[PDB]
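Here the structure comes first, spelled out in structure tokens, and everything after it is commentary.
For reference, positions follow the sequence shown, starting with 1. Recorded method for this deposit: X-ray crystallography, 1.7 Å. Note that ligands are numbered from 1 as they come in the structure, with each ligand's atoms numbered from 1 the same way. These numbers come from the heavy atoms of this one structure, side chains and all, not from hydrogens, waters or symmetry mates.
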Amino acid sequence: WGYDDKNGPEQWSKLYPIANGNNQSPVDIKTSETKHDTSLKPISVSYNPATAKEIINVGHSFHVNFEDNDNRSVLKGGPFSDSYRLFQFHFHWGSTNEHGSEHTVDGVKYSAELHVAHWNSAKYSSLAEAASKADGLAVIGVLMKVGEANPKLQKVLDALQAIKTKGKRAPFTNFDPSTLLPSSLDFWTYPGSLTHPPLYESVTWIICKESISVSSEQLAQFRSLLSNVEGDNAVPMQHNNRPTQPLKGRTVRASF
Ligand SMILES: NC(N)=NC1=[SH]CC(CSCC/C(N)=N/S(N)(=O)=O)=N1
Ligand SMILES: [Zn+2]
């Protein structure tokens, strides 16, 4: 699977029938149809920069993974009773500035989107166990609006020249990804899925109302990562965003 004409989002259902399921992500958040939910607590993140582990070129994207053997780095609050353990963050982006985010807000497409993913360590003993459970994953998404260069992206951007081609990986340490979150954590929440195979309907989404910035030249660094292995002809990672999927009657809730 990928994001090409032949292996891309509109082909995924051939191998992953859940792609046409009832809790698929991302979605368009229509703000006139969201229902403010007064029981939603504030989102609380508390991450230890010592859990940051490694950065990896996974061919369609790159991931920054964290040690997840204990509760040094956790998400609590929001719609959750359980505490969720941080395991990764990564980005999605598009061919040009005009699209690139996965979620849209009232039809508006942003330039990129940051996903900070976590697994339910109150209920499950590993990411592998949690990843297929209805309540197993909690992902914060933050919409990225093209404009001013974002300095908090810096350590991440500087690391990519060491993982230029598919399968390359490098240590990436002492990094607290709450520094990338917008100053207000007001959010939307809905029940959905991983946005690429295997597309498990295991994700509680937490979408921030406030965007963060990214420059047109920062976006170019993402798109200059390569999806081919070292020594093959260079294939730029131009985009990795899935189109928005039908709500199928789920309700998007607002904390604000
Ligand atoms: N199979 C297995 N044992 N563990 C798995 S399968 C996918 C997975 C999460 S990695 C995160 C990749 C992703 N698509 N998340 S997103 N874009 O935030 O919806 N862990
Ligand atoms: Zn993602």
For this session: Answer with one of faropenem, etomidate, famotidine, adriforant, ketorolac for the drug at ligand 1.
Result: famotidine
Exercise. Looking at this structure, what macromolecule is in contact with famotidine the most, according to UniProt?
Worked result: Carbonic anhydrase 1
Exercise. Atoms of famotidine less than 4.0 Å from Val139 heavy atoms?
Worked result: 18 (O)
Problem set entry | Numbered atoms of famotidine (with element) below 4.0 Å of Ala128, judged on heavy atoms | 3 (N)
Exercise. Can you tell me the protein heavy atom closest to atom 15 (N) of famotidine and the distance?
Worked result: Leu194 CD2, 3.6 Å
Exercise. Among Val203, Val116, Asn240, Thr195, whose heavy atom sits nearest atom 17 (N) of famotidine?
Worked result: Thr195
For this session: Report the UniProt domain in chain A where most residues contacting famotidine lie.
Result: Alpha-carbonic anhydrase
For this session: Can you pull out the closest protein heavy atom to atom 1 (N) of famotidine? Residue, atom name and distance to 0.1 Å, please.
Result: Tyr200 CE1, 4.4 Å
For this session: Give the closest UniProt active-site residue of chain A to famotidine and its minimum heavy-atom distance, rounded to 1 Å.
Result: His60, 6 Å
Exercise. Do any N/O atoms on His63 end up under 3.5 angstrom from N/O atoms on famotidine?
Worked result: no
Problem set entry | Heavy-atom gap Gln88 to famotidine smaller than 4.0 Å | yes
Exercise. Which protein heavy atom lies closest to atom 5 (C) of famotidine, and at what distance to 0.1 Å?
Worked result: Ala131 CB, 3.8 Å
Exercise. Is any other ligand or ion found less than 4.0 Å from famotidine, and which?
Worked result: ligand 2 (zinc ion)
For this session: Enumerate residues in chain A that UniProt marks as binding substrate and that sit less than 4.0 Å from famotidine by heavy atoms.
Result: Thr195, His196
Problem set entry | famotidine near UniProt Zn(2+)-binding residues in chain A (heavy-atom cut-off 4.0 Å) | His90, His92, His115, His196
For this session: Consider famotidine: state whether an atom of it lies below 4.0 angstrom from any non-hydrogen atom of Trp205.
Result: yes
For this session: Ignoring hydrogens, just give me the one of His92, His196, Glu113 whose non-hydrogen atom is nearest atom 13 (C) of famotidine.
Result: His196
Exercise. Which residues would you count as binding famotidine, with heavy atoms within 4.0 Å?
Worked result: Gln88, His90, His92, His115, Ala128, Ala131, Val139, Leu194, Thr195, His196, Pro198, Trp205
